[PDB]
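A look at one PDB structure holding diclofenac.
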Amino acid sequence: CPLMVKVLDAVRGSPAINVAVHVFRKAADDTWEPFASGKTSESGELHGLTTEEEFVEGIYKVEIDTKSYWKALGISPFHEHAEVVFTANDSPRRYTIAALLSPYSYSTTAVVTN
Amino acid sequence: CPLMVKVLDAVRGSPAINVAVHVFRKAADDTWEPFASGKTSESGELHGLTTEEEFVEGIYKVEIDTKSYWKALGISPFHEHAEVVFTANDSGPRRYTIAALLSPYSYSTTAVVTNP
Amino acid sequence: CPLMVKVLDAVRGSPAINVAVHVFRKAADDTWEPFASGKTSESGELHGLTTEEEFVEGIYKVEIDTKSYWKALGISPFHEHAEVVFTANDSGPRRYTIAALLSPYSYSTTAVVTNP
Amino acid sequence: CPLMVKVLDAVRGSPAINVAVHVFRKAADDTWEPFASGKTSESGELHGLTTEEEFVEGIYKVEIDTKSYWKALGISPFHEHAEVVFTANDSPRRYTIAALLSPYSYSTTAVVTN
Ligand SMILES: O=C(O)Cc1ccccc1Nc1c(Cl)cccc1Cl
Ligand SMILES: O=C(O)Cc1ccccc1Nc1c(Cl)cccc1Cl
């Protein structure tokens, strides 16, 4: 599993469950190409987005549909989503994209390991 | 000032100086139209991006050029740039402060929204 | 102003107002001696805690009373209070801004350190 | 495992390895009593600090020795440590205390689950 997403709720102190995540790859013409997607599990985790064979070097965008998440909890959010844009690089790389969510704030970190 | 950006450096314990910022607005046709751009000052702040008249209701994207910043300092960062996307002024004019705290492999961003 | 505190609310997208702050200094005998205290204003800022003369070299603890804050608003938070412990002024006098961003189950804190 | 600590490095984008963690319980006389301790593993994780039988309701402090961590990497840190003070409460509770570290900044979150 080369690319994993982890999403947490800073208001309830829990995994953020059933959050839609869309991954895009940057094409040669600079448009964003749909690459992979899913919903976070009960652990707030999203696995099996892609394989090592497909996950070539390039610029990727991970879009976390945070607005819909806060809406379903009855809370008015600030952001449309959270966007994590980065270059995948063969020179470590099991990528964990973690995001902590608040109504008016989010943080994201990359955990890159062998 | 209706839209302002503040950036801090979590490695140096300092304002993030000379950080390029590009602001876009979602157009009728769903494309990101260039709206405003600037660079953070010595205080890590960016003011005078727009006016109260030009800053109408819409979906805005604030792109903080974090990679260029860390690179300009001999650090190879994870992110290309931090992207803050939000609907602004949908219940009348508000004033927005987009705050960001930067580490090479992490950032957090928060919004301060006040009613003038 | 050599020591200042700024607090934001990540739930409301606002300054955290009326947040109690207690500052302690490590004494010769290793105990935490009361140093200064105050409350954040409408801007979420706390100034005038100490002077440049009183703020000598030492290990300081800034206690931001986050539980009291969230409780005063009908939210049951995780943390009792955020604790920022640091050595100050060990290479001559500096000015410190302790910044904190609060969520019910999370906070981040950063330091802005400037040479006057 | 009622209490788990996870520590990450925001500069290198990795688990923070070999970080000393000390847990204290608040005594009736308001002093901090040594409760449990350890070093974070290669995954930046610390498990088996305590058991359900011992982890009774009360105020606990998790002290993360961040200064020593940054020193060993040759980096001058701001904080003496990171302190996470909280009440353990029987009314969820598998507690994960997560901390993300930078030289002049840290964030911490509680992930509390059933
Ligand atoms: O991911 C973030 O940036 C938010 C954050 C803040 C404080 C402590 C931990 C985390 N994230 C986090 C968590 Cl809560 C668990 C596993 C891995 C990570 Cl990166
Ligand atoms: O800016 C953010 O979103 C994160 C953050 C984390 C910890 C401490 C401060 C901040 N932000 C922040 C900033 Cl960038 C300026 C003034 C006051 C604050 Cl609280």
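The sequence lines fix the lettering, A, B, ..., with proteins before strands; numbering per chain opens at 1. Method of determination (from the header): X-ray crystallography, 2.1 Å. Hydrogens, waters and symmetry mates are skipped; everything else that's a heavy atom, side chains included, is used. In each ligand, atom 1 is the first atom listed, and ligand 1 is the first ligand listed.
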task = Tell me which macromolecule has the most close contacts with diclofenac (ligand 1), using the naming in UniProt.
result = Transthyretin
inquiry  = Hey, which residues are hanging around diclofenac (ligand 1) within 4.0 Å, heavy atoms only?
reply    = A:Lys6, A:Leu8, A:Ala98, A:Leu100, A:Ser107, A:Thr108, A:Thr109, B:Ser106, D:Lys6, D:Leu8, D:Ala98, D:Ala99, D:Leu100, D:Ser107, D:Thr108, D:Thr109
task = Tell me which protein heavy atom sits closest to atom 16 (C) of diclofenac (ligand 1), plus the residue, atom name and distance to 0.1 Å.
result = D:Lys6 NZ, 3.3 Å
task = Give the residue and atom name of whichever protein heavy atom lies nearest to atom 6 (C) of diclofenac (ligand 1), and the separation in Å to one decimal.
result = D:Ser107 OG, 3.3 Å
Residue and atom name of the nearest protein heavy atom (relative to atom 17 (C) of diclofenac (ligand 1)), distance in Å to one decimal = D:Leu8 CD1, 3.4 Å
task = If you have a sec, work out which protein heavy atom is nearest atom 3 (O) of diclofenac (ligand 1) and how many Å separate them, to one decimal?
result = A:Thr109 OG1, 2.6 Å
query = Looking at D:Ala99, which atoms of diclofenac (ligand 1) are within less than 4.0 Å of one of its heavy atoms?
reply = 8 (C)
query = Within the structure, does at least one protein heavy atom fall under 4.0 Å of atom 10 (C) of diclofenac (ligand 1)?
reply = no
request  = Starting from atom 12 (C) of diclofenac (ligand 1), locate the nearest protein heavy atom and write down its residue, its atom name and how far away it is, to 0.1 Å.
outcome  = A:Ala98 CB, 4.2 Å
ask   = Judging by distance only, is a nitrogen or oxygen of D:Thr108 under 3.5 angstrom from one on diclofenac (ligand 1)?
value = no
UniProt-listed L-thyroxine binders, chain A, heavy atom within 4.0 Å of diclofenac (ligand 1) = A:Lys6, A:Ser107
